[PDB]
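Section: structure with acetylsalicylic acid.
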Amino acid sequence: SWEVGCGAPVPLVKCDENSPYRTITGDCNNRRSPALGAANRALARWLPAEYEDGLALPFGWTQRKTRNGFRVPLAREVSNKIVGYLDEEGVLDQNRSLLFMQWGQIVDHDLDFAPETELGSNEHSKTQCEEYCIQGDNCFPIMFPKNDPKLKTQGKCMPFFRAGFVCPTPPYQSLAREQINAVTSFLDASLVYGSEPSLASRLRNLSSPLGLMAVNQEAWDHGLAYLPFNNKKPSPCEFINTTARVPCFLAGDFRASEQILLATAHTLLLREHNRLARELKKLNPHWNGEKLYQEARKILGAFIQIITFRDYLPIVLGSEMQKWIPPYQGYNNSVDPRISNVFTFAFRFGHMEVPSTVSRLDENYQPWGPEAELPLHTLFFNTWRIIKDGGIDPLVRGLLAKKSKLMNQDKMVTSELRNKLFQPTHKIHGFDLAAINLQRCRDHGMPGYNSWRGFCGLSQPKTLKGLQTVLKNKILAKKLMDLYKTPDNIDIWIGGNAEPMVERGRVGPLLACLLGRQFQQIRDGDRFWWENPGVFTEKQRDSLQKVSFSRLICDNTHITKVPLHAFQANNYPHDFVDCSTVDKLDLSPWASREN
Ligand code: HEM
Ligand SMILES: *[C@@H]1O[C@H](CO)[C@@H](O[C@@H]2O[C@H](CO)[C@@H](O[C@H]3O[C@H](CO)[C@@H](O)[C@H](O)[C@@H]3O)[C@H](O)[C@H]2NC(C)=O)[C@H](O)[C@H]1NC(C)=O
Ligand SMILES: *[C@@H]1O[C@H](CO)[C@@H](O[C@@H]2O[C@H](CO)[C@@H](O[C@H]3O[C@H](CO)[C@@H](O)[C@H](O)[C@@H]3O)[C@H](O)[C@H]2NC(C)=O)[C@H](O)[C@H]1NC(C)=O
Ligand SMILES: *[C@@H]1O[C@H](CO)[C@@H](O[C@@H]2O[C@H](CO)[C@@H](O)[C@H](O)[C@H]2NC(C)=O)[C@H](O)[C@H]1NC(C)=O
Ligand SMILES: *[C@@H]1O[C@H](CO)[C@@H](O[C@@H]2O[C@H](CO)[C@@H](O)[C@H](O)[C@H]2NC(C)=O)[C@H](O)[C@H]1NC(C)=O
Ligand SMILES: CC(=O)Oc1ccccc1C(=O)O
Ligand SMILES: [Ca+2]
């Protein structure tokens, strides 16, 4: 007895059915089932949700009710006893650049987003939750441990609000609570253009027929464009330095300004759209604005898909790549392209790949300025360092020259994120991303670690000795058992990230399975997949294969020296070469004659 009635809270509209361009909402990708993969709908469930009361309450909500007979440990204790570490030396990935971490975040924001719940416009819940830590409704505070240093200095808890769900959003009940995915599931560059008709429009430059995206008018970066500033005050980007008063950037995705390197990436993409746009006009002068926008937009969509599947996943999945994502075989209308709820947690392996600092390099790739190496935490929502401290070129050079942080069982998430994370809504640099993650697993009703091992057809340890063998680490297996009392209770996020990495990969067996299935699906169930005959012509595909992130760089910055394989670790100057030597995207294949 199914129930696929519920739904209304979703911007719907008619379909075109022979239109060459994706919709902004993702609707109409699948002809037989039009809303599949669309934005503002529930994340798919690969396994039933698991809640304390079976419907909506998270485990750890009612301190008396246990999970399989035990209390589930506070997310912060787990963070404190397993995730943290003090010594940053020797933690860098010797063969993965900072861009490896950054691209990952870009693909993830393109694929999923479960925003937190409102009712908080002119609200005291917004305060009944941070001031008094009173658990209730959408307020599910992260309590502090005994002997936590934040006690003495911050309070009794860390505010936290539950994720939005479907049908309603206020006081609801009836079916199992399913979270929302506010963005399109397809890998379509929805982070550049937006996932709603409203925002998509406001991002475009409609005062002219060039099909360009709107750009900043207050500042330019050596003639090159900037994303436009965001309208909305109070702005968090101006709170971190009230004297600079530089607001956050307005982009296709709302998280664009979490960190300076994510804003740099967004800007690089924006710039490529315009470039691509003024170039296409030049070859097809008659084309109107719409045509220029959609056509460029589609090129860029094909760009992200290529870099992701050709250069990124192969070094995440490693030797497991082929076991999950076989050679492409054409569009399969039976494949469900929805992002699963658990994927949004599996893709968080990236948080353990973020180093403690971000550097800026001058033209010889040497420290730019005296205070060239900044601590990550000073850059959450920091837009002023771009506008008033050198533009994006210095940051992009750091992306190519510095390394990512290597995931390590005894050194998982840097303190820059574990103790000094900054939230919009709040006023301090004192949050814990690791604790938030674990708290979010419960909020989302995730099955335990062993449910997912079974799902992926992997052994399921029940004993300490069993876990030691799987983690291949006596001590970690030990800390994990003392806190969870059973491997069945280990949250998927930490459980999955504690496994050793597969050959040539950066994730373990469980994650490779979870990541692998998701990408196989978004590819096979995407009617607009770039390799799908009819989407692009044979001659356009031969052109799209030469796309390189190195090139993207060359055409949108004043960097003339770039690595050929920007994801592996490269040393300047030996592994860098003049832009004049890098393949360029040939657009002549897009020229459409007449008569
Ligand atoms: C600061 C943060 C980052 C780097 C300095 C960072 C980075 C990543 C990478 C590199 C990811 C994948 C390769 C990735 C995935 C996901 N993130 Fe994370 N991220 C930073 C900060 C945050 C915060 C805060 C959140 C929200 C947590 C919450 O539950 O409230 C966050 C989330 C996620 C996320 C879940 C997305 C969703 O579907 O709603 C990823 C898949 N990141 N990040
Ligand atoms: C640092 O990481 C690099 C990438 O993981 C790695 O180099 C890669 O090694 C693989 C070995 O399989 C090779 O991959 C390509 O091999 C041929 C090209 O000759 C292609 O037809 C294949 O499809 C495949 O893409 C490459 O040699 C290289 N891959 C890339 C994309 O450059 C380095 O070995 C790592 N460094 C160390 C010290 O381990
Ligand atoms: C808030 O943003 C301010 C910039 O808008 C920043 O100060 C700026 O940064 C330094 C001061 O440390 C100055 O630049 C340096 O270079 C000039 C070159 O002309 C030299 O004269 C000095 O050595 C100078 O330090 C900027 O001029 C300065 N701008 C202003 C208005 O002060 C603040 O440090 C930021 N505050 C925080 C807390 O981050
Ligand atoms: C929309 O596009 C127009 C045309 O490209 C932009 O107008 C130009 O702006 C730059 C710098 O201000 C200069 O070349 C001229 O002042 C304008 N040229 C023309 C032909 O108008 C305009 O800035 C864009 N609008 C937004 C909001 O980004
Ligand atoms: C299209 O995708 C479907 C759905 O994933 C594939 O279906 C599987 O095919 C086998 C063999 O026919 C069925 O017995 C299974 O029930 C399906 N598995 C699952 C998990 O649904 C199908 O193989 C794909 N077809 C093509 C031509 O690619
Ligand atoms: C980065 C991520 O996914 O987070 C955010 C998005 C929008 C606004 C704030 C944040 C954050 O919590 O730092
Ligand atoms: Ca998308």
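Note that chain A carries the PDB entry numbering, so the residues on display, from first to last, are 1-595. The deposited model was determined using X-ray crystallography, 2.5 Å. Quick note: numbers below take in every heavy atom, side chains included, and nothing from hydrogens, waters or symmetry partners. Counting starts at 1 for both ligands and their atoms, in listed order.
- Put simply, copies of acetylsalicylic acid show up as ligand 6.
- In this entry, more contacts with acetylsalicylic acid come from one chain than from any other, and UniProt calls that chain Lactoperoxidase.
- The shell of residues around acetylsalicylic acid (heavy atoms under 4.0 Å) is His109, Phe254, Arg255, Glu258, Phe381, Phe422, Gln423, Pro424.
- Distances below 4.0 Å separate heavy atoms of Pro424 from the following atoms of acetylsalicylic acid: 8 (C), 9 (C).
- The shortest N or O to N or O distance between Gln423 and acetylsalicylic acid is below 3.5 Å.
- Below 4.0 Å from some heavy atom of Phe422 lie the following atoms of acetylsalicylic acid, by number and element: 13 (O).
- Looking at the UniProt heme b-binding residues of chain A, I find a heavy atom under 4.0 Å from acetylsalicylic acid for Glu258.
- For chain A, the UniProt active-site residue nearest to acetylsalicylic acid, measured heavy atom to heavy atom and given to 1 Å, is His109, 3 Å.
- Restricting to residues UniProt lists as binding Ca(2+) in chain A, the heavy-atom distances under 4.0 Å from acetylsalicylic acid involve none of them.
- Distances below 4.0 Å separate heavy atoms of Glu258 from the following atoms of acetylsalicylic acid: 1 (C), 13 (O).
- Close approach to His109 involves these atoms of acetylsalicylic acid, each under 4.0 Å from a residue heavy atom: 1 (C), 3 (O).
- Looking from atom 5 (C) of acetylsalicylic acid to the surrounding protein, the closest heavy atom is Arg255 CG, 3.8 Å.
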